[PDB]
Amino acid sequence: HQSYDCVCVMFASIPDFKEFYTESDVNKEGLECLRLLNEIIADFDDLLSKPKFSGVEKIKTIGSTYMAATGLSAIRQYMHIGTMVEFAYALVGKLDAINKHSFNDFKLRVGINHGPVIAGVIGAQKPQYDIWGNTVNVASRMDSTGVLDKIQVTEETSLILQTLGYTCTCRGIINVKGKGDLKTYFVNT
Amino acid sequence: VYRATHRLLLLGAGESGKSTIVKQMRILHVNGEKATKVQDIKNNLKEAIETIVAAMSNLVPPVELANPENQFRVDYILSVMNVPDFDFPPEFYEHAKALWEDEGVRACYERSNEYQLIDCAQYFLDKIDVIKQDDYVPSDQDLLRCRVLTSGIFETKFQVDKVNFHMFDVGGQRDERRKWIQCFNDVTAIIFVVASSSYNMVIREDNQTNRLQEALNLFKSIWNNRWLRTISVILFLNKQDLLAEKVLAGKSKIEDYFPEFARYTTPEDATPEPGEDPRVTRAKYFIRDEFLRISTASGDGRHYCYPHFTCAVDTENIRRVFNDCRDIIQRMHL
Amino acid sequence: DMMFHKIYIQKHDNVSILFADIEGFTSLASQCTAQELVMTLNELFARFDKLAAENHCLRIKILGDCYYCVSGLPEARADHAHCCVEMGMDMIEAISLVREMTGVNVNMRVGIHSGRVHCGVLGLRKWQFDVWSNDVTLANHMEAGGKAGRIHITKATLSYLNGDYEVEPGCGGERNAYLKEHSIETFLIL
Ligand SMILES: Nc1nc2c(ncn2[C@@H]2O[C@H](COP(=O)(O)OP(=O)(O)OP(O)(O)=S)[C@@H](O)[C@H]2O)c(=O)[nH]1
Ligand SMILES: C=C[C@@]1(C)CC(=O)[C@]2(O)[C@@]3(C)[C@@H](O)CCC(C)(C)[C@@H]3[C@H](O)[C@H](OC(C)=O)[C@@]2(C)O1
Ligand SMILES: [Cl-]
Ligand SMILES: [Mg+2]
């Protein structure tokens, strides 16, 4: 387990899903639902192969929420953050196509932070790879307090996306349990 | 074990005819009971009459009664329209019958396409006297003609010649379609259901989008679906009676909604029902060919399409066609 | 198998689902260093992972400060309710020494429900065996509506306990909306 300086963490949940999940005898007690979830995830995973997302490194999925991070492959400067956004837009591309065939209307809700982490393996048993630190907590809280069909970034994270041709509206202020009130931005299209 | 069964899925827009088909399966292949469906018909009656009169004023031009005395009845009807647990007293029937007699009220029922109205209107109102009797027992045809909208997925088991048939019913409406996926995997075949008659009407869900187009688009959705690449779709071009009637009536012309009809000539492979009008034959097949154009353009022979001209409210034509289907299922699947 | 990707999921009735969170995880994360936190965490969960296997609990995941296992997997065990309980028993004492050691007040918030689950893997990439159902959704909420250093259990997790532990009125409906809105009789273990 080794630390980092500039890793860009992203969470993308599908809050509309938890509603849609039902457990009837008809749907094999919810198996038909987890089936559609699988399709979605897999469809998202099919992206990582794309040459342009080869720096993207999926961490886990939590429920119906996709966790992924750029710059773990490290040792112009923040071109990786811009990829992460570039990637979040792609998940929406895939989620949008599921809708078409699943007669549904799933919106994706994203939160993208960046900064120092500590990556590595945890647990004695099946040793699985994860990332820790305050960068990740905020990344997560950018998602949960997020808005559907929108990416929520923090201030500095905003400033950088600005340096790369992204326009950002201010969302307002958020109590992030631990760090307190902080200003956040939606990424415009 | 699991292969000797067949899981069939009933798809189509709202009101297409899906529930009526499962009904016909009970009538055809299944085993106090119906007294509860009486109430349901009473509401069909209520909802139907109160809908026709409400429409009268909001039409363009609006329709006047040929008996302005009937105003007080019109007044009665509208006053009870939203009552929750309706007592259905002897007046209601007297008043409903009265209005239904008013040539003006009927005239508005002709323009029933210009507003949203159930398919059991003219049928039940023609039999108010029977329904009102406290000792009323609904016919088989009455239970078929009744309308309770589908909300949710409903498994229905039947057996034909020791062979087993699972049938799932689903909401044809838009909000409801998001459940369909829960039947997609393992589906032995799709029965897509289409209100052939509804060519001159707009969906309930937005009062603007043409019902048959919504049908065409929905089929195209299913035919080219990503999880339905293998699965074949038996097409029930339902409500053939209502179609025929509209075509012969010559009120709302087809080419005035689907203008490509203007070009269409009748096919060569056409097998018209004995002494059916060349015009009805022309019409019924154009709608078939409309659907087939979508089915033709893709599939690779990985799955096929089977048309059927059908009338769900007619157990006669249903036995015939559902049988046409077991043939298909037992060739293919094996 | 051809049109849907193969799903590596399988139904499993009569299992019990523990969830365990660290109370005052932020106060700890405030005090000690960015790294020492991760080491104080990694140490504890490898300590937990021992206890799990002895108590015949298959660990699922670590989700930050949330740890959750399930007894009754992979092969069904009739002790499955006693095991998750037994698993929780240790966690509240396994934290105890690594709490005093940091001089900061942390404890474990436990929640166990029982019932059916699905378990398996989702997606194609980076598999991590997981559990999904309403019983899992409930389990999670019990921990959410738990009491510090105490084990929160359901109606059903008592019906599988065979009356071996001494419980008390839980009052989950007043600490969590999910429990209230779903009228769950909850209990605490003594
Ligand atoms: N004349 C005529 N009426 C029909 C025919 N098939 C169905 N209907 C009428 O259509 C109405 C609605 O049919 P229904 O089967 O409930 O639609 P649906 O496809 O199930 O719509 P939903 O239940 O999914 S919302 C019923 O009142 C029934 O009498 C038909 O073949 N001919
Ligand atoms: C995927 C479907 C469904 C309904 C099933 C389920 O039990 C969950 O996966 C749990 C409870 C469950 O898997 C246990 C872990 C965790 C992370 C707590 C999940 C989330 O709360 C999921 O929803 C979210 C918010 O992703 C949830 C509830 O979603
Ligand atoms: Cl239709
Ligand atoms: Mg905590």
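Just so we're on the same page: letters track the sequence lines, and every chain starts at 1. Just so you know, ligand 1 is whichever comes first in the structure, and atom 1 is the first atom listed for that ligand. As a basis for the values below, the full set of heavy atoms in this structure was taken, side chains included, without hydrogen atoms, waters or symmetry mates. Header entry for method reads X-ray crystallography, 2.8 Å.
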Name which of buspirone, acyclovir triphosphate, forskolin, chenodeoxycholic acid is found at ligand 2.
forskolin
Count heavy-atom pairs within 4.5 Å of forskolin for each chain, then name the one with the most as UniProt does.
Adenylate cyclase type 5
I'm mapping contacts for forskolin. Which other chains have a heavy atom under 4.0 Å?
A, C
Report the molecule name of chain A from the entry.
Adenylate cyclase type 2
Per UniProt domain annotation, where in chain C do most residues contacting forskolin sit?
Guanylate cyclase 1
What organism does the deposit give as the source of chain C?
Canis lupus familiaris
What is the residue-level binding site of forskolin with heavy atoms closer than 4.0 Å?
A:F17, A:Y21, A:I62, A:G63, A:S64, C:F19, C:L63, C:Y68, C:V131, C:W132, C:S133, C:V136, C:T137, C:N140
